[PDB]
Amino acid sequence: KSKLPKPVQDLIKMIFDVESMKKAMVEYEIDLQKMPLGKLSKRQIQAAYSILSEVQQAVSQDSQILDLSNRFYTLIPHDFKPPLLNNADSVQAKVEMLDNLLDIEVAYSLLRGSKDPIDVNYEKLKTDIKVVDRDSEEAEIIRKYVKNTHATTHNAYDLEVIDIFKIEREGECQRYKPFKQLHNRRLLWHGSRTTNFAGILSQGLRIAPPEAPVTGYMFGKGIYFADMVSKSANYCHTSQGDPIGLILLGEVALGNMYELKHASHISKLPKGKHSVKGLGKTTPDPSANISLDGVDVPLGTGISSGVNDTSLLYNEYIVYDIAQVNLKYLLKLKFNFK
Ligand SMILES: Cn1ncnc1[C@H]1c2n[nH]c(=O)c3cc(F)cc(c23)N[C@@H]1c1ccc(F)cc1
């Protein structure tokens, strides 16, 4: 029997849920026979990324695109008439599929490679996880952040916080050290599919590989965060059939922000800048900022930023070095769909 709190045990089950892994693969139309969880290979996936990059290029300028489509389906067997990879959104969906596959492989490997099994798998995450007491001020601050920064245009659901966890990944403090005293450190959201979280906890937030198409990345390949909970929660890809999601709060060392109103695929920041801020029309009210253990929490309700000429409804924040993030909390959220 495990010594871990029930909420933590429930999180471990959730994150190592093999059935969720398989359901995801069925929804992607992957052939589970020909490409089982244990068989996923880093080198095949890398080659698949490159083919998707060639596809995107061929689309941007009918026979050759059929052949590339087929080369992709040979590398990543599907179980379908096979849809042509002939537009940016289709390509993007396959890239996101490959990302999700990669983290699923990580989860499956950890799982397969005397004590209660929940405890054995907990240890494999190499992450200290503690429950934040529902009645603490810490929890209250976090619930406020969730409540106040739900955007008015994300009306498909409300959020309810079920559990709040405090997390410390092995090695992250040391890795974050050079950034620990950069100025402008902010507690920001990052949402991702549940089936990615074993990978995220064991390896941290990562940046897309060189081989991946840049298409879809408004500010280039980086790690993206929001100051509005719902903007991030949308990337949980929850649904009525699976309405429980996981979302992170990260301390992000933003330093001097390169403020942008429109897409720009950053390959190198201007010297002296440490992050990108995509400027939204709505921003959390600066007067309501609260410090939490030295870090600003922009938990104000949304007001007008005064920026009209922008591509974005809400802010986003991007860093280009994985060491500029120190993960602090993990929330289990129930999405109540309307
Ligand atoms: C899909 N994805 N994969 C890695 N990162 C993400 C997204 C993202 N994930 N999670 C967040 O919380 C987030 C919060 C934002 F303000 C903005 C975000 C994100 N945009 C990122 C984005 C969107 C489309 C795209 F093609 C590439 C990147």
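Along the sequence shown, residues carry numbers from 1. Numbering of ligands and ligand atoms starts at 1, following listing order. Heavy atoms only: backbone and side chains are in, while hydrogens, waters and symmetry mates are out.
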> Just wondering, what drug is modeled at ligand 1?
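PDB records name it talazoparib.
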> Report, by its name in the PDB entry, the chain making the most contacts with talazoparib.
Poly [ADP-ribose] polymerase 1
> Considering only heavy atoms, does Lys231 approach talazoparib within less than 4.0 Å through its side chain, its backbone, both, or neither?
side chain
> Taking 4.0 angstrom as the limit and counting only heavy atoms of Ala226, give me the atoms of talazoparib inside it, by number and element.
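Here the atoms of talazoparib in question are 16 (F).
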> Determine, counting only non-hydrogen atoms of the protein, whether one lies under 4.0 angstrom from atom 10 (N) of talazoparib.
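Answer yes: something from the protein, a heavy atom, is under 4.0 Å.
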> Which species does the PDB give for chain A?
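Going by the PDB entry, Homo sapiens.
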> Protein heavy atoms near atom 5 (N) of talazoparib, is at least one of them under 4.0 angstrom away?
no
> Run the numbers for me: atoms of talazoparib, each under 4.0 Å from some heavy atom of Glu316, listed by number.
16 (F)
> Quick one: look up the protein heavy atom nearest atom 24 (C) of talazoparib and list residue, atom name and how far away it is.
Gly216 O, 3.6 Å
> Is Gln92 touching talazoparib with its side chain, its backbone, both, or neither, if touching means heavy atoms under 4.0 Å apart?
side chain
> Among the residues UniProt annotates as active site in chain A, which one lies closest to talazoparib, and what is the minimum heavy-atom distance to the nearest 1 Å?
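Heavy-atom minimum to the UniProt active site of chain A: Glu316, 3 Å.
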> Which of the atoms in talazoparib, numbered in the order shown and given with their element, are less than 4.0 Å from a heavy-atom of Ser232?
11 (C), 12 (O), 14 (C)
> Of the residues in chain A that UniProt says bind NAD(+), which have any non-hydrogen atom under 4.0 Å from talazoparib?
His190, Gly191, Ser232
> Can you figure out which of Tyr224, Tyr317, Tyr235 has its heavy atom closest to atom 23 (C) of talazoparib?
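The option holding the nearest heavy atom is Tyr235.
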> Which UniProt domain of chain A gets most of the contacts from talazoparib?
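The UniProt domain in question is PARP catalytic.
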> Flag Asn315 as yes when one of its N or O atoms lies below 3.5 Å from any N or O atom of talazoparib, and as no otherwise.
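Min N/O separation from talazoparib is not below 3.5 Å for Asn315.
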> Return yes when at least one protein heavy atom is under 4.0 Å from atom 1 (C) of talazoparib, and no when none is.
yes
> Would you please determine whether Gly191 falls within less than 4.0 Å of talazoparib on a heavy-atom basis?
yes
> For atom 28 (C) of talazoparib, what is the closest protein heavy atom, and at what distance to 0.1 Å?
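The protein heavy atom lying closest is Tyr217 CE2, 3.5 Å.
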> At a 4.0 Å heavy-atom threshold, which residues contact talazoparib?
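The site of talazoparib, heavy atoms only, is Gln92, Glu96, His190, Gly191, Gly216, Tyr217, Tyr224, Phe225, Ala226, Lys231, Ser232, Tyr235, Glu316.
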> Can you give me a line-by-line list of nitrogen or oxygen pairs between talazoparib and the protein shorter than 3.5 Å?
{"from": "talazoparib", "atom 1": "10 (N)", "to": "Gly191", "atom 2": "O", "distance (Å)": "2.9"}
{"from": "talazoparib", "atom 1": "12 (O)", "to": "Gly191", "atom 2": "N", "distance (Å)": "2.9"}
{"from": "talazoparib", "atom 1": "12 (O)", "to": "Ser232", "atom 2": "OG", "distance (Å)": "2.8"}

